[PDB]
Each structure stands twice: as C-alpha cells, then as structure tokens.
Amino acid sequence: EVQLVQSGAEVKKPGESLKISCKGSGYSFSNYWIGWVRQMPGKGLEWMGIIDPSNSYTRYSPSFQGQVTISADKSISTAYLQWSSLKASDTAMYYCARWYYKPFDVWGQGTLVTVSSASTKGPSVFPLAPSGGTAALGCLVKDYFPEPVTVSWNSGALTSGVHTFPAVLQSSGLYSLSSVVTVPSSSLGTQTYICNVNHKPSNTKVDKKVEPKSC
Amino acid sequence: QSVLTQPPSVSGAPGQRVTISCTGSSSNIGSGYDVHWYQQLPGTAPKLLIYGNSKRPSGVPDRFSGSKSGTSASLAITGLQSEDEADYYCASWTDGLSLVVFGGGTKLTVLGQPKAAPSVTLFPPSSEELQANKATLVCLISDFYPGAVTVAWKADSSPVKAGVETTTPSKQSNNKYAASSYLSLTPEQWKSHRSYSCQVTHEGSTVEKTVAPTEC
C-alpha cells in the first residue's frame, strides 16, 4: 500500500528553526517527486515547492523562495520541509504529496504547525451579560495558551441551548473563545448561570457567574 | 504569474447535478498541460478525484467526471450526495515561475436543509474586562444555513479592519451553523466613538447589530 506519513503536530515560537518530515512506504521513493503544500486555517491549498529525490533538484513558488528549504534523504525515503526562522504567519497545515502518473494520488496526513510567541497562560473569563421570550448569555474565555480549554454550564447540568465556539488564534499569539447559552427570559435573576472553564496546561479552573445587566 | 480560476462556491440539492469550472491562462492550460481535481472533506487531507482531465482513480464513483477544452477545465458531479459536500481544487503543471499551480478552490454545498438567515447577538465589553484595561466586542452569529458568512465591523459608520478575528462556521447541536467575530479595542477607543456595529452578510442579505458606550 502506497503511503506518505508525516511527522506529528508542532508548537513553536517565532524565530525557532523547524524541520518536518514526509516518509514514503510501499513504493520506490527515489522515483517520484514530492511536493509540499501549505493550507492556512480556513484558506485554499498553496503550492510551496517540489523536489526530485533522485538528484535533489528543487524548485519553489516565488512566494516561498528563500523562506523555506525543501530537501530529501532518499536512503530513508524521506522528504523534509525546513524553516530557519518561523514566523507567526507560518501557522498552518502542511501536506506532502507525490507527483505520480496520477498526480498527487497519495498525500501525507498533514502536519499542523502552530507558531506563537506565547508561553503557557491560563485564560481570563469575562461574563457576557443577557427573541421569543428567550435571552442569550455567555462567557468570553480570553487570552490563553496553548489549546485546549473546556467549558461547561452549571457544572454540566445545563446542556440545552449551549454552543461553545472554536477558538481564534489572535495576533498576540494567544487564543480566545466564547461559549453562549440561550435560556428563558423569565428565569433571569431567579435562576443562576455559571460557566465552568478548565485549562489543564496551566492547571486553571475558573467559575464565573453570569448575571443580568439591569438597566 | 500563472493562475487557475475557480468559482468561490457552488451549490446543488441532493440528487441534482453541479459543475465546477477551472479556467487558466497560457502558461498552465494554454501550453496544453492536463488538469487534475482534488476533493477535501472537512478536517481531512485532499484526495485525488480526477487526473489527466477526465480519468478517475479506482474507487471514485462514475458520478464524478471531468473535461478540458482549450483553456477551460470542468468537473461535473451528478446525483449529488451529502458526502460530496467538500472543497474542490483544480491543479496543473505549468511553464511559468511556479511549476505547479492550484486553483483558489470551490466550496460545494449540498442543499439538504432550508436556507436560514443568521441571528446576531452583539455583546459590549464587560465591566470586568474594562477594569482590566481591555475591551472586546463579541459578535455571536447563530442558526444560519448554508454555513458561510461575511462579517464587517463599523466604528460609527467607518469600516474597521484592525483588531478583528472571526471563526469559520461550525455546526450547532441543532444542525444549523454558528460563527463568532471579535473586535478588540482599547477602553479609550471604545469610549471615544458614538457606536460600533457588527454587520453579518449571509446569502447576499445583511443583518447588523449596534452597541453604544453611552447606552445600557
């Protein structure tokens, strides 16, 4: 079975060097060129470059020329993508794929690279105070690193009408997410709403009560 | 500067037929190079769907077909299924500065449920955040379909692009979509403008919510 297997997810800081790998099996690695493809979160596929592993002939997209080094060690059926100085904007998924008579018929599973200047940091939790007799309320889970955080409402007893959004990685290198819940308007004040936010990497547990604005 | 042009989005109902165009210049398709197509399901590596203009790898259903006439390549999908919902990319070798080029991609939506306009909730900065010397406006976007929105922020009436972060829509438990957008401000920035607006565009229609510092 023809496969390309990539190295695991990386979490690095701007300026650090990184070399990720793409290992071929089930075929003669030296006989087919390996391309590298970037995919930034939510965006399209971008060709970065390509290498002929037999003779190490390498070509790059003008956008990536001088920013990255593609190399190969055909003796161990492995192609590499290398940065001497990661940028925060290098945060993306990276795929390798072989140019075959069926081009890019076989792809690696992808390597996620996260580049952030942040150290481990627990989140600040801020209340988001409260349509057909229902009210939306929530918690802003701001400025944490790394992923993930977990959110529950009223210790897990409130699950109806809850949506916890995916996190955004901000330009500061820190994550933020929100969790919202839709509840009856008549229950406000009389019924207490607490978001429970856990961030294991920093051993952080925060309970924040969310109460009505009252204007 | 060789470019492959794809429509940003196509849609069809289950059982119907869609086509996705991929048009090139003369470095890519004009020189006579073959076009190939890739399917990328959410959270997965791309998968070869069509190679050499029209050939199917084994395992690819005959519902998928491709053609290329001059500088124009096209992917057709007949008998649309919900598993066909994905991003689709065309690609080609070229004679230009880039040996390989991908098209910008096409999001295919299989319209298996009715269109629903988004519900927008805009939260002003909390007291707690303001006493921490920060201010974040939180625009929550709920109960929409298809799962694609455009968000624009306004200070008074002027567009603001700095300090904006927006999530890619994902499914709610009720199978509609939700997204979030954030505007980060200094408390001074928040206080100095009369109002701020979150404008959400969905299927050509815009729904907007507005918050003001002076209001409650």
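Chain lettering follows the listing: the opening sequence line is A, and each later line takes the next letter. Numbers in chain A come straight from the PDB entry, and the residues shown are 1-130, 136-220, in order. Residues displayed in chain B correspond, in order, to the PDB entry positions 1-216. Header entry for method reads X-ray crystallography, 2.0 Å.
- Modeled at chains A and B is a drug that PDB records call CNTO 1959.
- The PDB entry names chain A CNTO1959 heavy chain.
- For chain B, the deposit records the name CNTO1959 light chain.
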